[PDB]
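In this structure, pirtobrutinib is found bound to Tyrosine-protein kinase BTK.
The residues of the chain are indexed from 1 along the displayed sequence. When a ligand or atom number is given, it counts from 1 through the structure's own listing order.
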Amino acid sequence: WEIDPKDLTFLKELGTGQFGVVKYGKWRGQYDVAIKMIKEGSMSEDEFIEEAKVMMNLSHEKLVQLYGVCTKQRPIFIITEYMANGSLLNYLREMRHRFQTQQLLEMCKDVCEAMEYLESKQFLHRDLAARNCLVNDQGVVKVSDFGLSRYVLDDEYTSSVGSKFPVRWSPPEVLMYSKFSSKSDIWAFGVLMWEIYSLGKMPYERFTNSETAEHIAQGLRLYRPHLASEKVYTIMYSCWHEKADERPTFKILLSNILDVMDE
Ligand SMILES: COc1ccc(F)cc1C(=O)NCc1ccc(-c2nn([C@@H](C)C(F)(F)F)c(N)c2C(N)=O)cc1
């Protein structure tokens, strides 16, 4: 789990975000990696490091792999699989003038496969959204930052009443009671399918976060993006039953997606 910084070569800065700067590099001069330099005070570092091996054990081809951490210096580095096309949210917005509708369904299948694997381990993602998915050089979408919100220090992001909480991806039981489960990841997946089929538009864009939480509590839901067929919309809408126990599992969604692909 501990990577020696001597084996890393840094090659290009890719960007910066909430948890720090990301660079593309090589491990032992040969293997592509992404390196995130964790922003001081953003994470519970000791707790993350003791559990980095847990996340390293979650190996599925549609999860962005965590390769290890460098912790004998400041800042700590988190080393992962390199995803050359970057965030899914930005990639969807760039796809707007060049795509086949068939590719949108294959992106949903990729994310669903990763989430069926996490569900099989009873591992909660807690912030599934297009901004937390990445895209590789072959256009395969993979899920990233799985479970990370448990280690974030800023209550503005982790509390349901924080200005930065992912209200637009959350079901009623999370907004009201902070009750997370595999079924709150199912709700967020349906919003992510809506983001894919809307080519990266913001969900509930006419509403503030406070108005969105009221809108969802009143039973109102996202309408059908024009690119989604009625069979595709039926799948995303199934993720949004008010009662969590009425929402499907990721194994059922995957079979439904594969049925639409087949037909
Ligand atoms: C699998 O990782 C985890 C799993 C569980 C967990 F709890 C935490 C982590 C974690 O912290 N990973 C650190 C990390 C996250 C994202 C990128 C990354 N980001 N980006 C872009 C948006 C940009 F712009 F930031 F560069 C890539 N292309 C990236 C790329 N990998 O090519 C790089 C490293």
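- The location of pirtobrutinib, copies and all, is ligand 1.
- By chain and number, the binding site of pirtobrutinib at a non-hydrogen cut-off of 4.0 Å is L14, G15, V22, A34, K36, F48, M55, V64, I78, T80, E81, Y82, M83, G86, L134, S144, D145, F146, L148.
- Residues of chain A that UniProt annotates as binding ATP and that have a non-hydrogen atom under 4.0 Å from pirtobrutinib: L14, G15, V22, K36.
- The protein atom (non-hydrogen) at minimum distance from atom 19 (N) of pirtobrutinib is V22 CG2, 3.9 Å.
- Per the deposited entry, no covalent link of pirtobrutinib reaches a chain.
- The nearest heavy-atom contact from the protein to atom 31 (N) of pirtobrutinib is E81 O, 2.9 Å.
- Here the heavy atom of the protein found nearest to atom 12 (N) of pirtobrutinib is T80 CG2, 3.5 Å.
- Looking only at protein heavy atoms, the nearest one to atom 1 (C) of pirtobrutinib is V64 O, 3.1 Å.
- Regarding atom 10 (C) of pirtobrutinib, its nearest protein heavy-atom neighbour is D145 OD1, 3.5 Å.
- When the UniProt dasatinib-binding residues of chain A are filtered for a heavy atom under 4.0 Å from pirtobrutinib, what remains is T80, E81, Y82, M83.
- The deposit credits the origin of chain A to Homo sapiens.
- Closest to atom 30 (C) of pirtobrutinib, if we only count protein heavy atoms, is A34 CB, 3.5 Å.
- From pirtobrutinib, the nearest residue that UniProt flags as active site in chain A, along with the heavy-atom distance to 1 Å, is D127, 10 Å.
- Given atom 5 (C) of pirtobrutinib, the protein heavy atom at minimum distance is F146 O, 3.3 Å.
- Taking distance alone, with nitrogen or oxygen atoms compared against 3.5 Å, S87 stays at or beyond that limit from pirtobrutinib.
- At a 3.5 angstrom cut-off on N or O pairs, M83 counts as close to pirtobrutinib.
- Pirtobrutinib has no N or O atom lying under 3.5 Å from any N or O atom of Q65, backbone or side chain.
- Per UniProt, the domain of chain A home to most contacts with pirtobrutinib is Protein kinase.
- Nearest protein heavy-atom contact of atom 21 (C) of pirtobrutinib is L134 CD2, 4.3 Å.
- Near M55, with a cut-off below 4.0 Å to any heavy atom, the atoms of pirtobrutinib are 5 (C), 6 (C), 7 (F).
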